[PDB]
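Residue numbers run from 1 in the order of the sequence given. Whatever order the structure lists them in is the order used to number ligands and atoms, beginning at 1. Only heavy atoms go into these numbers, but all of them, side chains included; no hydrogens, no water, no symmetry mates.
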Amino acid sequence: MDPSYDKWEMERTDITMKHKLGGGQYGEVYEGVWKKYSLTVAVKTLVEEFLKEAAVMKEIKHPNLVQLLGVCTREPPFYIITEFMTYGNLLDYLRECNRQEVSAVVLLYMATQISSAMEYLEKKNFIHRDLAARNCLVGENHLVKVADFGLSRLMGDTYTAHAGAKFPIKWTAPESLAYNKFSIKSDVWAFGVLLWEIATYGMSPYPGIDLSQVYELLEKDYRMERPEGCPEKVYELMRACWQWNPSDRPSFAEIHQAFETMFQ
Ligand SMILES: Cc1ccc(NC(=O)c2ccc(CN3CCN(C)CC3)cc2)cc1Nc1nccc(-c2cccnc2)n1
Ligand SMILES: CNC(=O)[C@@H](N)Cc1ccc(OCc2ccccc2)cc1
């Protein structure tokens, strides 16, 4: 548009829509080419929830959060356009990677990048609410960005029903399960599970544990065991993220500083 206004609004026809991304696992999200820049992009298409997501994305900018490039929200069909990340979601990436290439230090790097995005969300007073390897993307040179694919009602037993809502029970903090309280500290809990996913090259958390007994075990102080090869200090960080009282969990500022330190 013309300033004589929303700088994010773009020309629908600047983009050649191609096929639905990841064989339909993200819902209405398409591979596209932003012709003017010769650039492959991801395009989410369709209201209030959709317009609210666009508004949030215009408020966030960080090298490890997926980057909004533009929107088409004047008339339907509405688009939200972001960069395309070459290697796809982190969960699949970890399962399928060359483990000699994706060594302990690369896992350290992925965790540091994600804690950096989370320290930024925290500073900005945002809550992710669904942090997990399936909502992270991998680009070149093991670049990792945090995203939010609205996976609740797309995805098996990863999400399970609660009052109109579906929750990923094995990523969900005890106070979220019991009182529907979500905060940056419930993201800290989820981050601990994400760290376990990273450490195990993408294994499912609480393997074989039925969902109905997760809260009970947590309340009895059960926590997942240290993964083979996970350094003691990284496991100690995981366990701190899984403190029963949310006020006892570290901040993302602290977590990131602890990884930044190890990484350096
Ligand atoms: C095309 C698009 C549209 C919207 C979004 N949105 C987000 O990723 C996102 C990230 C953070 C927030 C912050 N938010 C704070 C408030 N709480 C409640 C929710 C989280 C919101 C949206 C991403 C994308 N990108 C996207 N989506 C699906 C798949 C892919 C993709 C797949 C494969 C390779 N490259 C990219 N890329
Ligand atoms: C001299 N060498 C050293 O000091 C190494 N111990 C440095 C180092 C510290 C932590 C690491 O973490 C691996 C990891 C992180 C996140 C999730 C799973 C695994 C890796 C290397």
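Per the PDB entry, the macromolecule making the most contacts with ligand 1 here is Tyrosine-protein kinase ABL1.
The drug observed at ligand 1 carries the PDB name imatinib.
Residue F149 has no nitrogen or oxygen atom sitting less than 3.5 Å from a nitrogen or oxygen atom of imatinib, judged on distance alone. Imatinib has no nitrogen or oxygen under 3.5 angstrom from a nitrogen or oxygen of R129. Residue contacts with imatinib, taken as heavy atom pairs separated by less than 4.0 Å, involve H128 solely via the backbone atoms N, CA, C and O. Between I127 and imatinib, a contact under 3.5 Å exists for at least one N or O pair.
Across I81, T82, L69, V41, heavy-atom proximity to atom 24 (C) of imatinib is greatest for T82.
Counting heavy atoms closer than 4.0 Å to imatinib, residue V66 contributes side-chain atoms (C-beta onward) but none from N, CA, C or O. For chain A and imatinib, the nearest UniProt active-site residue, with heavy-atom distance to 1 Å, is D130, 6 Å. For chain A, the entry records the source organism Mus musculus. Comparing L68, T45, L137, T86 against atom 36 (C) of imatinib, the shortest heavy-atom distance belongs to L137. Distances between N or O atoms of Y26 and those of imatinib include no value under 3.5 Å. Mapped onto UniProt domains, most residues of chain A near imatinib sit in Protein kinase.
Considering only non-hydrogen atoms, atom 5 (C) of imatinib lies nearest to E53 out of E28, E53, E83, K44. A heavy atom under 4.0 Å from imatinib is present in the following residues that UniProt lists as binding ATP in chain A: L21, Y26, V29, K44, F84, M85. Using a 4.0 angstrom heavy-atom cutoff, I60 counts as in contact with imatinib. For imatinib, the residues with any heavy atom closer than 4.0 Å are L21, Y26, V29, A42, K44, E53, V56, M57, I60, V66, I80, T82, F84, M85, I127, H128, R129, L137, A147, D148, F149.
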Show me the short polar-atom pairs for imatinib: any N or O of it lying under 3.5 Å from a protein N or O, with distances only.
unit_1: imatinib; atom_1: 6 (N); unit_2: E53; atom_2: OE2; d: 3.0
unit_1: imatinib; atom_1: 8 (O); unit_2: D148; atom_2: N; d: 2.9
unit_1: imatinib; atom_1: 17 (N); unit_2: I127; atom_2: O; d: 2.9
unit_1: imatinib; atom_1: 17 (N); unit_2: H128; atom_2: O; d: 3.2
unit_1: imatinib; atom_1: 25 (N); unit_2: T82; atom_2: OG1; d: 3.0
unit_1: imatinib; atom_1: 35 (N); unit_2: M85; atom_2: N; d: 2.9
unit_1: imatinib; atom_1: 35 (N); unit_2: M85; atom_2: O; d: 3.4

